[PDB]
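Some notes on the structure that comes next.
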Amino acid sequence: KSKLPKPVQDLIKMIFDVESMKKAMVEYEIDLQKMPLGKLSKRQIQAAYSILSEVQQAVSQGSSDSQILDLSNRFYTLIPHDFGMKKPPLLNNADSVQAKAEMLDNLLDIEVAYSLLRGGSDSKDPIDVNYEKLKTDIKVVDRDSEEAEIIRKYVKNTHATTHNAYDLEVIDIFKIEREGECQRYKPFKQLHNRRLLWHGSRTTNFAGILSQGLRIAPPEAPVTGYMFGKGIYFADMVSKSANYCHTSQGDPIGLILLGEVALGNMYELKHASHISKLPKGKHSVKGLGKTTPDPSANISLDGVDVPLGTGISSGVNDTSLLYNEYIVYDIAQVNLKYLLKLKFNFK
Ligand SMILES: CNCc1ccc(-c2[nH]c3cc(F)cc4c3c2CCNC4=O)cc1
């Protein structure tokens, strides 16, 4: 019944598939009898974040084993897991809290997506119904267009040497514009240094990402793992962001984003720092990597500089980063331009 293009139709089907939501939850070890998709709520994930933040402070303070156990038990009581024989992994370190926090980041977007799906008027094709739910215009970029060529070159060129486990294939290029996002970004368009950068996420998140845009982790969330504090992270290297799709031989198709990001005065940093407050004058944070995209090969797509230069070496050898990463701490500093459907070819 829907007049929408097949790639768009196929995209709506994909980002709203309830089975891949459950499949994610199962992989996460969650008890689906006690915690089914429906019972999953914003308030419990908020509460769970808060417990993880407590576990972090308990680790920082170097609190009692009794404390860390009761704290760990409280988390698993809130987010019921099912290991069968295996005893629940004790949350008593940075990696443990970071891990569970990232799970919650995902569960939160899953809740966003499932709620969106269940909500609204219940005629009109369901694929059309759900496309409208995303409040995002999705248009297909022609395979043989100047646009597509620029994008595919950026994908080919900024594919790292280290990420040699896969080969990326651009199945579909979508030109997207989220409802009201353009007006939101318009004041930050006045800022200098507007770059077109990569953002990779699990497919289960993309309904929420298109629905509410990219967002920053709440206050409740632990500051652990966020190398440069809670903000929106980006890469000039397709590989770096493609990693975050969590693709496999099983599910080799993943989704990536191209977004206009107003960086302005970048706070160029070598090593990790949980910022919270940026220095007076600065608008973003640039994690300086040992490998930088060729600056002498920077292109200008719609008056936005695309660093599609081949992976060359940067002068900094005294850094904890292998590649460049960019962080903004105001969600309006981003305007999403493209969504790419990539096929990961493993070896
Ligand atoms: C606890 N979770 C911590 C955490 C989770 C995700 C990210 C992150 N850093 C990035 C740097 C970068 F350049 C690109 C990306 C990311 C991400 C995750 C989001 N996607 C990116 O492509 C960073 C920290």
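Along the sequence shown, the residues carry numbers beginning at 1. This entry, so its header tells us, was determined using X-ray crystallography, 3.2 Å. Just follow the structure's listing: the first ligand is 1, and inside any ligand the first atom is 1. The basis for the numbers below is simple: all heavy atoms, side chains too, and nothing from hydrogens, waters or symmetry mates.
Bound to ligand 1 with the largest number of contacts is the chain that the PDB entry calls Poly [ADP-ribose] polymerase 1. The compound at ligand 1 is the drug or drug candidate rucaparib. In chain A, the UniProt-annotated active-site residue lying closest to rucaparib, at the minimum heavy-atom distance rounded to 1 Å, is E325, 3 Å.
Entry annotation: chain A, source organism Homo sapiens. The UniProt annotation of NAD(+) binding in chain A and a heavy-atom cut-off of 4.0 Å around rucaparib together pick out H199, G200, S241.
Counting residues of chain A in contact with rucaparib, the top UniProt domain is PARP catalytic. The heavy-atom binding site of rucaparib at 4.0 Å consists of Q98, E102, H199, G200, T224, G225, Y226, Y233, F234, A235, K240, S241, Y244, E325.
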